[PDB]
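Have a look at the structure below before the remarks.
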Amino acid sequence: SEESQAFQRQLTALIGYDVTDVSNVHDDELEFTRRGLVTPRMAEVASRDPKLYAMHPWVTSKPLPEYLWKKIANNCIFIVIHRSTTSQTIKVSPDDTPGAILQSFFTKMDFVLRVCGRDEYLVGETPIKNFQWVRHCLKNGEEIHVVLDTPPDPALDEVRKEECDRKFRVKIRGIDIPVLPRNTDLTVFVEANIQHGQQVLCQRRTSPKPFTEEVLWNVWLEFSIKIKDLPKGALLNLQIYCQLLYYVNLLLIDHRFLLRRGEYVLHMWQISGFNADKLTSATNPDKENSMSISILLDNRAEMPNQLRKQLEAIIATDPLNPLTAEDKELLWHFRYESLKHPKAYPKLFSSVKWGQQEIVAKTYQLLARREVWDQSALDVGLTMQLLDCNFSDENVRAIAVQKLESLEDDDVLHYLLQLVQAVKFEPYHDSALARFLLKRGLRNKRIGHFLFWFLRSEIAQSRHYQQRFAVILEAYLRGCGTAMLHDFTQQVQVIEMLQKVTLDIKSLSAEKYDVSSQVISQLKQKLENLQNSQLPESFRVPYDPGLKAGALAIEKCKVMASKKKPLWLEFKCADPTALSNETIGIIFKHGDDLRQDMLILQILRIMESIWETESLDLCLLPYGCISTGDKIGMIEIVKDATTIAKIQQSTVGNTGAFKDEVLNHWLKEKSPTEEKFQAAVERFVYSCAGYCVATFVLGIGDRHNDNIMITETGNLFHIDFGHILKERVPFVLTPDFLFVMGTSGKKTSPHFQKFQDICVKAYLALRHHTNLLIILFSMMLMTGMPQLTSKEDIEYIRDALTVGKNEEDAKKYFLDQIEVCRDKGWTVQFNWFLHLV
Ligand SMILES: Cc1cc([C@@H](C)Nc2ccccc2C(=O)O)c2nc(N3CCOCC3)cc(=O)n2c1
């Protein structure tokens, strides 16, 4: 139908890529997947409670922490219910369900409890203590304000219903580049590799022929591998060395479990400055400039003491610890003892010779047991381990996705970005994970909204992965409901408008520190033009979907004084039932790859949760950040917060003569009462402690004081992770923060002891989750950090988390790092001034 011809055009402008376009495919995988995702989509769309879906309640089954129980020592929670002008508080029990509170209001002289200023609803059979918004207010000191109004109409959420034994051979015909002049002429060869998860089964090279705009070889390359022994997921990697220049991959076994046959003219990817993009089945879509390759395909006793100890020692080691042939052969001979240990699964599966039909068959016999694994307690770090680059077998990856299914939505939101990025390591487009991300995305609207923006960030930036993600985004968009589709349409239109403004203002400026009347007057009218008839009355905040934003506070909107020129935007809340007059502030910044900030902030949310398990609150501010396109995106504005450099440049001014007192003076200056300075010193102890631990672990500690911020309420925090991703420091700890602690160079004050206590308590709390942190880090680098990728680049986390060593040797190592910051004082800080200024 014609209505389906415009619907698809809506999906295309939403996705930012055309899913129907067959100009850059050599097979029907993407279309077959588009057709294959209709089943799991409808298996959720036509399976979800329309009432709870429309209301999207945010709940958690996790225990309320020791610190959050300290806020309610009276066993009573106060909730303020509002209708119009009337507002009366209720003495509610922590275990009281929304319905129990609904009747406790009717009795105290059809409707649903909606949050004030937020598109959030406190509904469903859950106690009020087990709500994320309630736990937020209890952590910040806010009162739980709610509106009495009718439930959201599920009719708005309607979905538009749709619908042998011979050795492997490869003939390398030749290579053709239209234009090569950039470097001095040398020789060239092709390296055809048969791989199954970063592991080469065999390698065959061509003879070196001279580098020309067309190099013909016509050589048949016979491999050591037989056609029967080729595993599903086997990826023929074609490489070019002058020393690597061009890579390309072809899935020897296809999506229908068929060996690839025929003539293929593959457009290859170049190298600029191991890597997730290096594994792509997708060809280069820019056929005019790219190098192509022409190829042709026509084809029961138990263990002794010391061995059990040897095996147990192997399972013990961190994910990064490599395995010798001895270790691998050990794991394999004692398969069944290794199967009895779930922590051995990532190591046992790396001991499989996948280029052996017989060994794979034995591996599949082991997977049939699964009893130990299926009954084992879910380990996210072990589940993620089996979903990485080192695992290409579908049935191996399925057991990880099987173990994932148990997660509550809250934990799905916790690991979403890392799971979204893990799709990059999948051999085929349609996968158990891709189907899992889709199911969960349609079951809840919060996962849905964030799944949309995560897929979109990569679609409008990655040529290597735009096509596959696009197929998964369409699948979601084709079942999210008319309302969400309407919402994303607004959001995108607004982001597109505001990115236009950002670049225009970036162009209308020269690198130097200026802020000339011309740029300020232009910015004023630029926004004024879009305010009147371009941007709608209300758009949803992508980083915080609870919040709806209205009109711009033009008089509050600015542009940075320095080289990057990002816009500082401010918006009024679209909700007239809001608790305050607090604006919605956004930063739009071009130059820095905000995908790197996203990953660091998502790990920061993880660390916070890990700390919660050992009842620690490190006052971290993982502010919202979404990458929208190439070297551009949004940043959430943390209210009434200033850079550390600005607090130093106020009393002093553009000098390295950093006076330690200025910081505490600012804290007492911005405090209305003495109690408000006491709460500010408390917030500073945790916030400084958390960010010291968090940064050192992630090896992003040595930072310039301009890239560290602080609030009027004492909460200190790190910023701009994109630009960072000799004399050195492990992290940031200078005498200015130390003065607030109460130390005059050499002192062990009551607040610096508190910091020293917390820091080791937090570092060890993260050591109880070593294998998880190591995986998330290893994955973060492979999927988000191009320059930060090699064996030695990933191996940083081991030394930082002090792998192998005891709690005593760990306690020592971290406090020694605090001392490195104390020995240096301001030496690396002044060095920043020589490079920056
Ligand atoms: C490079 C740069 C710069 C800034 C800010 C501090 N600087 C500005 C950004 C935009 C407009 C004006 C300024 C200003 O320098 O006053 C900045 N602010 C961030 N925010 C984190 C959340 O709290 C609000 C701040 C985050 C970030 O990555 N930033 C990066």
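By the numbers in the PDB entry, the shown part of chain A spans 144-252, 269-322, 357-435, 459-489, 497-522, 544-969, 980-1091. Both ligands and their constituent atoms are indexed starting at 1 by order of listing. The deposited model was determined using X-ray crystallography, 2.9 Å.
- At ligand 1, the PDB records name the drug as AZD6482.
- The chain sharing the greatest contact count with AZD6482 is, according to UniProt, Phosphatidylinositol 4,5-bisphosphate 3-kinase catalytic subunit gamma isoform.
- The 4.0 Å heavy-atom shell around AZD6482 contains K802, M804, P810, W812, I831, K833, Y867, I879, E880, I881, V882, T887, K890, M953, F961, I963, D964.
- According to UniProt's ATP-binding annotation of chain A, the residues with a heavy atom under 4.0 Å from AZD6482 are as follows: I831, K833, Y867, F961, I963, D964.
- Of all UniProt domains in chain A, the one holding most residues touching AZD6482 is PI3K/PI4K catalytic.
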